[PDB]
Q: 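PDB structure, Poly [ADP-ribose] polymerase 1 holding niraparib.
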Amino acid sequence: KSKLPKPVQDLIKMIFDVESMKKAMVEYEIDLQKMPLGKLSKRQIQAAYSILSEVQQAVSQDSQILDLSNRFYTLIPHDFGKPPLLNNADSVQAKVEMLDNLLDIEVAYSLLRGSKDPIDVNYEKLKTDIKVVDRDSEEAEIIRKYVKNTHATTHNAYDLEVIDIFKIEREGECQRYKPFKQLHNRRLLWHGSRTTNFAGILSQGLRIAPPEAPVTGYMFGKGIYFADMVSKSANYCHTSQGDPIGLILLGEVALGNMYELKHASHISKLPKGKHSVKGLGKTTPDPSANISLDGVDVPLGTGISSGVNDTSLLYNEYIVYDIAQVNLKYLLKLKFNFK
Ligand SMILES: NC(=O)c1cccc2cn(-c3ccc([C@@H]4CCCNC4)cc3)nc12
């Protein structure tokens, strides 16, 4: 019998939910006999990204493309009960999205399958210390206020309800973050992801897309993205009426000198002296309402006009291009109340 608090036990069950992993594979139309969870590999996913990149290169420049489309389905077997040809941009992005999720699903399954309560054994595999933040604490009030105040006006499909607040420490992240611990402009920001990705995120941290993956769909190039508006990140949990509970991170991000951009720029190397990109939004949390939570700026102010009209973005976003610039601090379990 596990001594872990019930919210921690319930979080471990959510994270290693095989049913959720299989349902996702069914939704992606993956053939679960030819490609069961146990047969997914890192080398297979790496090669599939390369094929999707090759697919775009061939399309940009019909027999040549069909061979690439067929090599993709041979590597990742699907069950269509005819296979849709990988020619249009939406078809390629749908497959990249599938791989991005399969990558962490592979991590979750490999951990799980690789005398004690199963919940305890699987908790230890995450190599992450997880503690419940009390509802009556100063931290919980600051965090609830951050959720409350930064829900965007255009994101009106749902209301957000905080279920549990966890304080997290990934093993080895302290050591990895040490070169950036004293960098200026450290901010507490949101990062949403599908619930099926959290086993991978807790065990391996937030990661950058591999070079093999297509460059399309990355407004500021391959990096780790964050928002200062909870709903902007909460949209990336991909919660539905079917699964209305999502997970969202609060990470301390060492932004340093921000390369401030109003439009897309596929960053390969930042300008010298710049440590991050700030995508400028039209609406920003009121800077006069910034609070410090144990030395880190928490931009929990209600949204006001940023005074920037000539931008592609409604809300800010922040990108770092080195995995070491992130130190995960909190993990929230959120209820999405769909309207
Ligand atoms: N995940 C977040 O909380 C987040 C916050 C703010 C801006 C963000 C932008 N992203 C983002 C998420 C996904 C992607 C691509 C989309 C197409 C498939 N490959 C990944 C590019 C950017 N994630 C963000």
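In chain A, numbers come from the PDB entry; the residues present are 662-722, 726-745, 748-780, 786-1010, in order. Determined via X-ray crystallography, 1.7 Å. Remember, it's 1-based here, ligands and their atoms both numbered in the order they're listed. All heavy atoms count here, side chains included; hydrogens, waters and symmetry mates do not.
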Q: For atom 9 (C) of niraparib (ligand 1), grab the closest protein heavy atom and report residue, atom and distance to one decimal in Å.
A: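 Its nearest protein heavy-atom neighbour is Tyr896 CD2, 3.3 Å.
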Q: In the entry's source annotation, what organism is given for chain A?
A: Homo sapiens
Q: Counting heavy atoms only, which part of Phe897 comes closer than 4.0 Å to niraparib (ligand 1): side chain, backbone, both or neither?
A: backbone
Q: Which residues overlap between UniProt's NAD(+)-binding set for chain A and those with a heavy atom under 4.0 Å from niraparib (ligand 1)?
A: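 The UniProt NAD(+)-binding residues passing the heavy-atom test: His862, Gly863, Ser904.
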Q: For niraparib (ligand 1), which atoms have a heavy atom of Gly863 less than 4.0 angstrom away?
A: 1 (N), 2 (C), 3 (O)
Q: Record the part of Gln759 in heavy-atom contact with niraparib (ligand 1) below 4.0 Å; permitted values are side chain, backbone, both and neither.
A: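 Side chain only; the backbone of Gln759 stays clear of niraparib (ligand 1).
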Q: Within a distance under 4.0 Å of any heavy atom of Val762, pick out the atoms of niraparib (ligand 1) and give their elements.
A: 18 (C), 19 (N)
Q: Which residue is it, and how far: the UniProt active-site residue of chain A nearest to niraparib (ligand 1), by heavy-atom distance to 1 Å?
A: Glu988, 4 Å
Q: Taking 4.0 angstrom as the limit and counting only heavy atoms of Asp766, give me the atoms of niraparib (ligand 1) inside it, by number and element.
A: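 Atoms satisfying the 4.0 Å criterion: 18 (C), 19 (N), 20 (C).
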Q: Between niraparib (ligand 1) and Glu988, is the shortest N or O to N or O distance under 3.5 Å?
A: no
Q: Where is the nearest protein heavy atom to atom 21 (C) of niraparib (ligand 1): which residue, which atom, and how far?
A: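 That would be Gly888 O, 3.3 Å.
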Q: Counting contact residues of chain A for niraparib (ligand 1) domain by domain in UniProt, which domain has the most?
A: PARP catalytic
Q: Name every other-chain residue that has a non-hydrogen atom under 4.0 Å from niraparib (ligand 1).
A: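 Counting heavy atoms, the site comprises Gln759, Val762, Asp766, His862, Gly863, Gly888, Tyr889, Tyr896, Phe897, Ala898, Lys903, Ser904, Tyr907, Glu988.
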